[PDB]
> 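Structure provided below as structure tokens; questions to follow.
Chain A uses the PDB entry numbers throughout; the residues present, in order, are 30-69, 73-396. Heads up, header says this was done by X-ray crystallography, 1.8 Å. Because only heavy atoms are used, hydrogens play no part in the values below, and waters and symmetry mates are left out as well, while side chains stay in. Order of appearance sets the numbers: ligands from 1, and atoms from 1 within every ligand.
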Amino acid sequence: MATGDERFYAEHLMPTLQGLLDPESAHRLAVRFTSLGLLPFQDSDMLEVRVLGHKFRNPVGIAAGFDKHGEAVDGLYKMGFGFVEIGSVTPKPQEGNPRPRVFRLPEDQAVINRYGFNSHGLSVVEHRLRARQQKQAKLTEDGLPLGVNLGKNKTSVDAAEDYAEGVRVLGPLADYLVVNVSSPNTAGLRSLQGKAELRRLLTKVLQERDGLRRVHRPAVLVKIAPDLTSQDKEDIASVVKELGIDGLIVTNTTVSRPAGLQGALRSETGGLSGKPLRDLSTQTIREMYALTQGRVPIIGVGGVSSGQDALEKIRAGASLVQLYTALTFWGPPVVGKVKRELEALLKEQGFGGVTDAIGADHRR
Ligand SMILES: Cc1cc2nc3c(=O)[nH]c(=O)nc-3n(C[C@H](O)[C@H](O)[C@H](O)COP(=O)(O)O)c2cc1C
Ligand SMILES: C/C(O)=C(\C#N)C(=O)Nc1ccc(C(F)(F)F)cc1
Ligand SMILES: O=C(O)c1cc(=O)[nH]c(=O)[nH]1
């Protein structure tokens, strides 16, 4: 419990917790424990990455969705994440979908969720981040940056204005912002990934970002689905290059249900995460890196539970990776495990550090 032993968590604690609590209760309890700093690896220099205007002490971040309301940021750095992304946050508070809305597929090492952007809203999150703003400035300066992921309200009549409000309110408190246009759980949202709509939306977002004072001006990334057509991907690449978007987060959860899922809850509605998403996400990273000529930083996400999974996404083109669903199976020790395995594999494959491996599959 205090040592952070990989076998104890994986074989005993996590399976027992999963037997006692429904998945949303487990999520809530985990946010509480983490936020209080009740948790069970010294980052080598090889793991440092400079991208998005910042130093990252290691490339393993916590993906959006775990800490939707910015309650557990310090506890997540304490767990060993090199960067934390909170959100998605919507402009006004909203409850999200009815419960149950989160489902485990233990036989598949996967989760399906349909939270529907349950959010405390911008104002609450703004005050929560303001209460630790200078502590975060020091963390960022120390190589531990903070990302804020923005969503839109269910009943909003103007999606772009929702994201612009997010830029104005939380942009000043974030090292990077994410325009989340890839939740599967908000009606109409994924259609904003289409070319004309994306160009209009991101033009407005970047104008708002550019209007912030220079020390409060974050990088802006777009988080995309794993379910895009070839046409969709080509269009996103074109718009991102045309507008000078700072990066992409690849990928959100999938609405697909890969052949072979075994969990009893495989046909629940929602986005699927974890191991069945892993290679779909990796392949989306590979395609987006190629379409952007390796000039647009990618944060790779989807099914990472080991150093090999992280390195495959880095070699496919990610400069940084994130994970969430693996934590629900393996607990806290998985963060240090990914980092230690990633360092060992980089050495084994002749890389001087993470930076050298970024996009390495495209050069062979
Ligand atoms: C319970 C849950 C909630 C999520 N909520 C969000 C969210 O609010 N915003 C977002 O951009 N992604 C959200 N995601 C997606 C994750 O950030 C990540 O893209 C995806 O789960 C793939 O990573 P993983 O396989 O490591 O979980 C959520 C995922 C899960 C499992
Ligand atoms: C949806 C979801 O978050 C869960 C389920 N099911 C869950 O177990 N969460 C969860 C469980 C444990 C941790 C930690 F590692 F930090 F201790 C983090 C998140
Ligand atoms: O709140 C949610 O349902 C949610 C948002 C998102 O971006 N991705 C996801 O899998 N769930």
> Which protein or nucleic acid chain has the most heavy atoms near ligand 2, under its name in UniProt?
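Its main partner is Dihydroorotate dehydrogenase (quinone), mitochondrial.
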> Tell me the name of the drug molecule at ligand 2.
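It's recorded as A77 1726.
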> What would you say the binding site of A77 1726 is, if we count heavy atoms under 4.0 Å?
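Using heavy atoms under 4.0 Å, it comprises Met43, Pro52, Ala55, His56, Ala59, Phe98, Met111, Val134, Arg136, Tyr356, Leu359, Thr360, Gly363, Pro364.
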> Do any UniProt FMN-binding residues in chain A have a heavy atom less than 4.0 Å from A77 1726, and if so, which?
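The UniProt FMN-binding residues passing the heavy-atom test: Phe98, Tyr356.
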> Going by the order shown, which atoms of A77 1726 are within less than 4.0 Å of some heavy atom of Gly363?
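Contacts of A77 1726 toward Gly363, numbered from 1: 15 (F).
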> Can you tell me the protein heavy atom closest to atom 19 (C) of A77 1726 and the distance?
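Sorting protein heavy atoms by distance from atom 19 (C) of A77 1726 puts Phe98 CE1, 3.4 Å first.
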> What protein heavy atom is closest to atom 3 (O) of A77 1726, reported as residue, atom name and distance in Å?
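Looking only at protein heavy atoms, the one closest to atom 3 (O) of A77 1726 is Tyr356 OH, 2.8 Å.
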> Could you tell me the residue and atom name of the protein heavy atom closest to atom 9 (N) of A77 1726, and the distance to it rounded to 0.1 Å?
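Ranked first by proximity to atom 9 (N) of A77 1726 is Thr360 CG2, 3.6 Å.
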> Which UniProt substrate-binding residues in chain A are reached by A77 1726, meaning they have a heavy atom under 4.0 Å away?
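Of the UniProt binders, a heavy atom is that close in none.
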> Tell me which protein heavy atom sits closest to atom 13 (C) of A77 1726, plus the residue, atom name and distance to 0.1 Å.
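For atom 13 (C) of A77 1726, the nearest protein heavy atom comes out as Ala59 CB, 3.8 Å.
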> How far is atom 5 (C) of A77 1726 from the closest protein heavy atom, and which atom is that?
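Closest protein heavy atom to atom 5 (C) of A77 1726: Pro52 O, 3.7 Å.
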> Looking only at protein heavy atoms, which one is nearest to atom 12 (C) of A77 1726, and how far off is it?
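Looking only at protein heavy atoms, the one closest to atom 12 (C) of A77 1726 is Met43 CE, 3.7 Å.
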> For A77 1726, which atoms, with element, lie under 4.0 Å from some heavy atom of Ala55?
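This gives 8 (O) as the contact atoms.
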> Does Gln47, backbone or side chain, put an N or O under 3.5 Å from an N or O of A77 1726?
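No, no N or O pair falls under 3.5 Å.
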> Going by the order shown, which atoms of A77 1726 are within less than 4.0 Å of some heavy atom of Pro364?
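The atoms of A77 1726 under 4.0 Å from a heavy atom of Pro364 are 14 (C), 15 (F), 17 (F).
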> Where, taxonomically, does chain A originate according to the PDB?
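The PDB entry says Homo sapiens.
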> Show me the short polar-atom pairs for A77 1726: any N or O of it lying under 3.5 Å from a protein N or O, with distances only.
from     : atom 1 : to     : atom 2 : distance (Å)
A77 1726 : 3 (O)  : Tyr356 : OH     : 2.8
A77 1726 : 6 (N)  : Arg136 : NE     : 3.2

